[PDB]
Amino acid sequence: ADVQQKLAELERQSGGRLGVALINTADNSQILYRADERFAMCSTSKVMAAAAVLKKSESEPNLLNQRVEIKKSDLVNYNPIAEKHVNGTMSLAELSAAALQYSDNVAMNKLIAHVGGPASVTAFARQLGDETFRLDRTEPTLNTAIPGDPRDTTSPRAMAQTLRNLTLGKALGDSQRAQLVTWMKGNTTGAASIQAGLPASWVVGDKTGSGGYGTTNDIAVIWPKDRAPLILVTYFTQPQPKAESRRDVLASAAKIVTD
Ligand SMILES: *C(=O)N1C[C@H](NOS(=O)(=O)O)CC[C@H]1C(N)=O
């Protein structure tokens, strides 16, 4: 396709490795580029962890109100919300919102720990029929994004399908799905990534990620006014361990696949 040559060229010019999966719910069509290759999810794995907690809350009434202690020793590389609550408690709802909307790594660690650890988040993905997702480590090591390392990776195809199932499909109960959508729509970190490649007025819920090797990711549900939504995963990674992030590549991919 023309979109394929455009994604191929975007990738070639970038010098990196681009993974794209788009689902257009209007006709159930997909646009796939390296869609079965594994990419380090980085902070995009936060959606699966928050969704695991949402699922757990369907059978455990008042779960989101459960308090979690924040210690200074819990602080990692990035935790703008949790650092404000050192020696205080945050509810699982507050942790989910911090993880999803501010990409708070301590929040993600508390979500991971709540469900039983990285393997438990992976078990949750398996329960939804996602056989690709794997969460192996906690924050911050889950972001190393070493080329060829399968830890903490998924494929664009798998993540797009899962994200569709979570936000639009029946993977979660009605209220939990609406909650995840609300959390993602309220993301504050996504303006330079997928969103930057879309018409300014479109409603977007997304989760960005960054990591080693200039890994730059974004997973999104896009609701254009008067249209059916799109699910889009754009994963990008580079040859150099200390490569700077390339959110512009995700924005360019978003534009290519949405035009
Ligand atoms: C997630 O990938 N991380 C936590 C935080 N995310 O912010 S981002 O989604 O805007 O990139 C900072 C980067 C990253 C990490 N290495 O912890």
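Residue numbering for chain A follows the PDB entry, covering 27-57, 59-238, 240-252, 254-288 in order. Only heavy atoms go into these numbers, but all of them, side chains included; no hydrogens, no water, no symmetry mates. We count ligands from 1, going down the list as the structure has it; atoms in each ligand are counted the same way.
The chain with the most heavy-atom contacts to ligand 1 in this structure is named in the PDB entry as Beta-lactamase. The drug candidate or drug found at ligand 1 is named avibactam (bound form). This entry records a covalent bond between avibactam (bound form) and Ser70 OG.
With a heavy-atom cut-off of 4.0 Å, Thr71 does not touch avibactam (bound form) at all. Near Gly236, meaning under 4.0 Å from any of its heavy atoms, are these atoms of avibactam (bound form): 1 (C), 2 (O), 9 (O), 11 (O). Protein heavy atom in closest approach to atom 17 (O) of avibactam (bound form): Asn132 ND2, 2.8 Å.
Using a 4.0 Å cut-off between heavy atoms, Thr235 contacts avibactam (bound form) through both its backbone and its side chain. Each of the atoms 10 (O) of avibactam (bound form) lies under 4.0 Å from some heavy atom of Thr216. Looking at atom 1 (C) of avibactam (bound form), its nearest protein heavy atom turns out to be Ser70 OG, 1.4 Å. Geometrically, avibactam (bound form) and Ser130 share a nitrogen or oxygen pair separated by less than 3.5 Å.
Given atom 14 (C) of avibactam (bound form), the protein heavy atom at minimum distance is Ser237 O, 3.2 Å. When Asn170, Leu127, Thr171, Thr243 are checked for heavy-atom proximity to atom 15 (C) of avibactam (bound form), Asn170 turns out nearest. Close contacts between avibactam (bound form) and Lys234 involve ligand atoms 9 (O) [criterion: under 4.0 Å to a heavy atom]. For avibactam (bound form), the residues with heavy atoms nearer than 4.0 Å are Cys69, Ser70, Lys73, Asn104, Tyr105, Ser130, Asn132, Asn170, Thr216, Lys234, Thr235, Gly236, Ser237.
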